[PDB]
Amino acid sequence: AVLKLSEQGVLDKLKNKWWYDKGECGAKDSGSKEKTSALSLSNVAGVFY
Amino acid sequence: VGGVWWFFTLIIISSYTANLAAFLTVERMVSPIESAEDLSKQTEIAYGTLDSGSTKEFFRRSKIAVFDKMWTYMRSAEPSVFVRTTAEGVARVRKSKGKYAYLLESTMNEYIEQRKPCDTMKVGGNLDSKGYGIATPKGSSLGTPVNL
Amino acid sequence: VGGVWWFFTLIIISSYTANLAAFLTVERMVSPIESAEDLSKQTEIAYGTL
Amino acid sequence: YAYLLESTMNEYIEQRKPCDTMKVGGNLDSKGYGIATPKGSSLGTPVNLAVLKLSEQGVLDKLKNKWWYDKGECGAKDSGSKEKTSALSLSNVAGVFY
Amino acid sequence: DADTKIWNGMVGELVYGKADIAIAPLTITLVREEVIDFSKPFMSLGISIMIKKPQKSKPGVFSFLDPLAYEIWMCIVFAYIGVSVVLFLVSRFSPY
Ligand SMILES: NS(=O)(=O)c1cc2c(cc1Cl)N[C@H]([C@H]1C[C@H]3C=C[C@@H]1C3)NS2(=O)=O
Ligand SMILES: N[C@@H](CCC(=O)O)C(=O)O
């Protein structure tokens, strides 16, 4: 009976369920998004040194 | 002293142009993820329908797994995401501060977006193709002369 | 000579300033080990199982 | 010579090679296909009930994906969302020399 | 109704014969076909999603000053002056 569900891939649908349909914390989602701008002095301050 | 200052002004304002080009690229606010599908996935923003609504009955009967999963949430949404009247859900979203979505119809969503203070937004397309029709008591004589 | 040298430096610094604000924000990573092998070697970080 | 036809036709033939058509503007009206019987037949209610299931089950859309969109053939439906080339040409430039 | 099928709302108005017609924003469904008759549909619609309008900020008058933060503009002027005076310092230094 195990071999049916593996062949029917229902485990994967469950594997999506208990790992990936509950992708909660952040960078799984926010890692593929856009960015901000407006350069800061901490990026610059060694040049003044 | 001068070549230092040359080296200074070479780095700085050339770097300015790189950021200056970056502002003229794009200004689109992303307005978070539509065709919602995260309402199935996230737990952050709730979402409800009208009480005694066909849509509230639709997801009870909807067999699409995400819609099932929404209905799985909507039956388990505690407290009631479901509302009794129309503007009940509207100002609920308006005070939700982006923490409660609400489902209604396309003709509603376009009309309330034309209302002041325009604080709504339709996202995505529709989900289906429905249609209002005039109803009679079943078996009345009025059916054909109305529908003609 | 300078006509070589100007043509030299023109193609250089233009390429230098192809992108720079992209290169000032990276904030990449540290990640000392992956395949640990220093857990055998160092005495600093311990490590256990269930 | 222009030609008038339907919206479902105009989108479908624009998906055909060599894409040489174009839909312009919107529609003019809101029409709708429906299944017709001989008038007064017994078949009316069992047909018209059975339509409402498949619409509610959206199987029509799956078929609408099938006969229009799973056979998206001609080009710019696919190539319109791709990348581009480079290497500026003199035809872009030649007015400056004038 | 649950388990007694009592159509509330506007449906039982025509099911139980209380009203004569229902010209209203009423969607044709499948289960409503079993209880009342309908016309041909007159206005198409669908399930929309309404959420808030999330508050875009407009550019300012000094929007060209924006791709450099407020401090560095103040910082560069400071550096601008002190560079110049040291040049002027070594400029006039008793040529013997
Ligand atoms: N564009 S709309 O939703 O307001 C709309 C929708 C519809 C209209 C007319 C309009 Cl204006 N008439 C059609 C009906 C006229 C005939 C053809 C289609 C049906 C029968 N019903 S519909 O397809 O539901
Ligand atoms: N016209 C719909 C509105 C509610 C819904 O879409 O669920 C009805 O009467 O059922």
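First the proteins, then the strands, lettered A, B, ... as listed; each starts at 1. When the header is checked for method, it gives electron microscopy, 4.2 Å. Heads up: this isn't the whole entry, just a piece of it, and contacts are only counted within that piece. Both counts, for ligands and for their atoms, begin at 1 and track the order of listing. Scope of the values below: all heavy atoms of this structure, side chains included, with no hydrogens, waters or symmetry mates.
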Trying to figure out the drug at ligand 1 - which of amodiaquine, palonosetron, cyclothiazide, brinzolamide would it be? cyclothiazide
Give, per UniProt, the macromolecule that holds cyclothiazide with the most contacts. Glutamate receptor 2
Could you check which other chains have a non-hydrogen atom under 4.0 Å from cyclothiazide? D, E
